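This file shows Ribosyldihydronicotinamide dehydrogenase [quinone] complexed with melatonin.
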There are 2 protein chains.
Amino acid sequence: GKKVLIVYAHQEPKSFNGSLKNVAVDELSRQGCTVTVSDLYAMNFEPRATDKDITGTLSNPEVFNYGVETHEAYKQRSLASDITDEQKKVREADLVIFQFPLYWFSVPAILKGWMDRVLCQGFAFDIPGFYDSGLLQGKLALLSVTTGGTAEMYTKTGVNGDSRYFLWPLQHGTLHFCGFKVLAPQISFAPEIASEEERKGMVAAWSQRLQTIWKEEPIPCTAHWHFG
Amino acid sequence: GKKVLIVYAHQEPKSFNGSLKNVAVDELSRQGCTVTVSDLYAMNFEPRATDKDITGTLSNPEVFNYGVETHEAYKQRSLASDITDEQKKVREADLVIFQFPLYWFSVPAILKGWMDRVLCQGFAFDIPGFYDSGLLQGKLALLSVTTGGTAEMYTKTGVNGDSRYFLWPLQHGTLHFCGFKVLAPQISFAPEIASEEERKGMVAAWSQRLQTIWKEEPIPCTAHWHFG
Ligand SMILES: Cc1cc2nc3c(=O)[nH]c(=O)nc-3n(C[C@H](O)[C@H](O)[C@H](O)COP(=O)(O)OP(=O)(O)OC[C@H]3O[C@@H](n4cnc5c(N)ncnc54)[C@H](O)[C@@H]3O)c2cc1C
Ligand SMILES: Cc1cc2nc3c(=O)[nH]c(=O)nc-3n(C[C@H](O)[C@H](O)[C@H](O)COP(=O)(O)OP(=O)(O)OC[C@H]3O[C@@H](n4cnc5c(N)ncnc54)[C@H](O)[C@@H]3O)c2cc1C
Ligand SMILES: COc1ccc2[nH]cc(CCNC(C)=O)c2c1
Ligand SMILES: COc1ccc2[nH]cc(CCNC(C)=O)c2c1
Ligand SMILES: [Zn+2]
Ligand SMILES: [Zn+2]
């Protein structure tokens, strides 16, 4: 019996993003999976990487190096509880779904801050200890992204480039780096411009894909997949 | 005369980023330029895109849509003042320099939230009015980035892929989108690994480049430049 974490980054429960999150919960629930949702905005999740992320006393109180300090806090069980709460959710999950609108060819800052502060060295990766040596191997990850731009725009010769090109930092630089196998992204192009019925189709595509998510092989998370 | 804004995203004044920011201020100062720095961590800059960013009557109080509400608020002058404060700095600047450490093949969340909240519709772009018709046309922008990974790792055949691939969402999807011309990036690779003379070299290389910044031409911020 499979365990899923949804990390959800939208301000509005009635949004397209909210509905994608809610049918994921509905469908994965119906299947009998264990489901957990991190509703970042509702949590007022802190995005900033600061010295407040370490409790007690610093490994080097004179010069603050966030990566060093968080690595030695993880090893010594002195990370801030908001971090470690999320790390627990990840540790337990077989699959991590990220549900977000595209902000500047990336994730909204609040979700960027989740990646920055939750995926610390010792938990997600070490230096050295990354990519296939990353610490979240055996887990699946999946980006479920909504865009303002059309599919059209997201082509190699289109104004925005191929959508793969913006996935690189997220899928490869982040999710692969950490050991994840990367399920094929779910991209919901341009719902604010789509008709009701097209929107319904995209939600149902997502509901249906979700019926057979566990039968999926990861994408090959390569430069060639993304650029060639 | 020329006017520079440095948007700086590092927690530690004694860091390698801190040194790069200060040599920029020193050199650009020496040349007679007008220089302004937004030290985001020191400002406790808010990264989250929330309904707190609009103080006036919302256009749809039942269903919150951050893009629609911020676009309206900018036109009516009911955005949060922290946003407006940054927009004034950008509007005055001839050149915007971003100084940051690479976090997950991207900017630190606090700086992502600057992008998200400061570059709103009406101020930075319109629909229509983006890419070469973006509202910040006539301005220059430059990413000054530091990394953990070495240069070799950031090559087409190295584990990270070429350095330009991770620049795409920044340079193209954000800066060119808003009309900026983009000067070639300054990438200071792996300062932590480097020797102290090589670190000094990197600082001084940046200072030296800034001597002739105003004579540079922008890159052609296309898919071909980034991906080949
Ligand atoms: C800071 C910022 C940066 C941005 N940067 C980019 C960028 O780089 N690239 C880009 O392409 N876009 C960008 N965008 C736009 C953003 O990606 C899209 O606006 C977002 O993806 C749309 O998703 P949403 O959930 O808010 O849509 P919504 O507007 O909330 O939903 C679209 C419509 O679907 C309806 N809907 C909701 N649930 C259902 C349902 N169950 N069935 C049918 N219809 C339903 C809603 O009611 C609504 O009418 C940016 C936006 C912001 C604010
Ligand atoms: C959340 C997170 C995610 C990351 N993701 C990535 C990623 O995707 N890819 C990647 O490659 N890296 C990544 N890193 C690594 C990060 O990019 C590097 O740690 C960072 O760029 C190093 O810069 P710094 O200023 O912090 O270095 P510092 O550690 O501050 O500097 C290195 C040394 O230079 C010294 N120094 C300072 N000023 C000078 C001077 N004037 N002359 C000589 N020496 C000087 C310092 O004192 C120090 O000893 C990540 C780190 C974190 C925390
Ligand atoms: C994809 O390369 C990455 C990804 C995440 C990372 N975090 C950290 C490093 C290197 C140095 N360590 C710190 C300071 O965190 C790093 C490299
Ligand atoms: C880099 O693309 C971006 C960046 C910021 C943005 N904010 C809102 C949108 C949607 C714009 N809608 C269309 C179809 O043009 C948007 C796109
Ligand atoms: Zn990969
Ligand atoms: Zn471009």
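The chains carry the letters A, B, and so on, in the order of their sequence lines. Chain A uses the PDB entry numbers throughout; the residues present, in order, are 2-229. Chain B is numbered as in the PDB entry, which gives 2-229 for the residues shown. Method of determination (from the header): X-ray crystallography, 1.4 Å. Just so you know, these numbers use all the heavy atoms, side chains as well, and skip hydrogens, waters and symmetry mates. Whatever order the structure lists ligands and atoms in, that order sets their numbers, starting from 1.
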* Location of melatonin, all copies -> ligands 3 and 4
* To do: Give the letters of all other chains that come under 4.0 Å from melatonin (ligand 4) at a heavy atom.
  => A, B
* **Identity and separation of the nearest protein heavy atom to atom 1 (C) of melatonin (ligand 4)** => B:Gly174 O, 3.3 Å
* Please verify whether a non-hydrogen atom of A:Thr151 lies at under 4.0 Å from melatonin (ligand 4). => no
* To do: Note the single closest protein heavy atom to atom 2 (O) of melatonin (ligand 4), along with its residue, its atom name and the distance in Å.
  => B:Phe178 CE1, 3.3 Å
* Asked: Which protein non-hydrogen atom lies closest to atom 11 (C) of melatonin (ligand 4), naming both residue and atom, and how far is it?
  -> B:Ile128 CD1, 3.6 Å
* Which taxon does the entry assign to chain B? -> Homo sapiens
* Filter the UniProt substrate-binding residues of chain B to those with a heavy atom under 4.0 Å from melatonin (ligand 4), and list them. => B:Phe126, B:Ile128
* To do: Heavy-atom distances under 4.0 Å are what count here, so tell me which part of B:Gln122 touches melatonin (ligand 4): side chain, backbone, both or neither.
  => neither
* Which residues flagged by UniProt as binding Zn(2+) in chain B come closer than 4.0 Å to melatonin (ligand 4) by heavy-atom distance? -> none
* Shortest protein heavy-atom distance from atom 10 (C) of melatonin (ligand 4), along with the residue and atom involved -> A:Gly149 CA, 3.8 Å
* Select the closest option to atom 8 (C) of melatonin (ligand 4) among A:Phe106, B:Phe131, B:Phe126, A:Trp105, judged by heavy-atom distance. => B:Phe126
* To do: Check each atom of melatonin (ligand 4) against the heavy atoms of A:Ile194 and keep those under 4.0 Å away; list them by number with element.
  => 14 (C)
* **Contact partition for A:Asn161 relative to melatonin (ligand 4), non-hydrogen atoms under 4.0 Å** => neither
* To do: Please state whether A:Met154 comes within less than 4.0 angstrom of melatonin (ligand 4), counting heavy atoms only.
  => yes
* Report the binding site of melatonin (ligand 4) using a heavy-atom cut-off of 4.0 Å. => A:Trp105, A:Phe106, A:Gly149, A:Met154, A:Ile194, B:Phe126, B:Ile128, B:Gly174, B:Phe178
